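Start at 1 with the first residue, then count along the sequence. For ligands, and for the atoms within them, numbers begin at 1 and follow the listed sequence. Side-chain atoms are counted along with the backbone in the values below, which use heavy atoms only and exclude waters and symmetry mates.
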Amino acid sequence: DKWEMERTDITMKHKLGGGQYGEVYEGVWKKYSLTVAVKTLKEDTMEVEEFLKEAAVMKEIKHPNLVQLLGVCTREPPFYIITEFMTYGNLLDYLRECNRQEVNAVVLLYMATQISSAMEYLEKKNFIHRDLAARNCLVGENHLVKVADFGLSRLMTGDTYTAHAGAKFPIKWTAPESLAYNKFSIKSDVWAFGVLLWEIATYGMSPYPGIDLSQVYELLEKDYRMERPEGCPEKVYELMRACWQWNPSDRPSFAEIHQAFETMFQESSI
Ligand SMILES: COc1cc(Nc2c(C#N)cnc3cc(OCCCN4CCN(C)CC4)c(OC)cc23)c(Cl)cc1Cl
């Protein structure tokens, strides 16, 4: 298959975390002397189908702000997904721990711009991401941000993907139509992206603070939305609000979102 490699080609270095879809390691791809991230699957389990689903999809994708697949090991346990190493880890912990004088307003714009660029790409390729949130974005040197892409679905025929009944979603990031009917689309991602913008603007606060999960849907029904975070530019909140339109069709495209952030980033850098 050519994405296939010898498991003996990697040496494991440190556990970084995991559970999960599988546990995650810092590793070294020996013949390139290259630090890499390795997702692992101990034995066969029920979650093996999950695994190669990710693997398959990640091969179909290439973008500067999408985590680059390097190789896979899928002939027998253990199982390896191998990606580039995102040095600073996830964006949520990053925002929370950063030096805000360094990671300032111009930088937050840069990060929104980078993410929206990735999502514009997925929009065109007819992909949806099932879990857009700060925790699923990764950070490298110099405020480089990439969206993690193990949880992607290709739209094979049409507009909306339907998740299996009984599926649990991260309530606070999830579009109304997704919570209600289990339907995901690129416009559901646009909604989630709105939440992501709020996380970025607040340096990683939890969305709908103190609000009871079980009541979020009802609130959204009655046009309750999160308020403008402190220091968030009015235009940025306007976009947030556009992302959170009740009708999917009323929400902007990622092409529009990216264009808008590109413009704001150019002006901020001037
Ligand atoms: C390869 O397979 C997969 C791997 C992943 N997950 C990761 C990808 C990817 N992709 C890339 N890069 C990662 C870097 C990580 O931490 C590196 C440094 C952390 N530190 C925090 C403390 N300080 C300050 C030093 C830095 C990390 O930690 C858990 C997970 C990463 C996913 Cl989500 C899915 C699949 Cl399929």
Q. What is the name of the drug located at ligand 1?
A. bosutinib
**Q.** Main binding partner of bosutinib (ligand 1), per UniProt
**A.** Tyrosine-protein kinase ABL1
Q. Which bosutinib (ligand 1) atoms are under 4.0 Å away from a heavy-atom of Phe85?
A. 12 (N), 17 (C)
**Q.** Numbered atoms and elements of bosutinib (ligand 1) in range of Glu54, under 4.0 angstrom, heavy atoms
**A.** 36 (Cl)
Q. Hey, does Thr83 come in under 3.5 Å of bosutinib (ligand 1), counting only N/O atoms on both sides?
A. yes
(Q) Any idea which UniProt domain of chain A makes up most of the interface with bosutinib (ligand 1)? (A) Protein kinase
Q: Provide the organism of origin for chain A from the PDB annotation.
A: Homo sapiens
(Q) Within bosutinib (ligand 1), which atoms have a heavy atom of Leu138 less than 4.0 Å away? (A) 7 (C), 8 (C), 9 (C), 11 (C), 12 (N)
Q. What are the atoms of bosutinib (ligand 1), with element, lying closer than 4.0 Å to any heavy atom of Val67?
A. 9 (C), 10 (N)
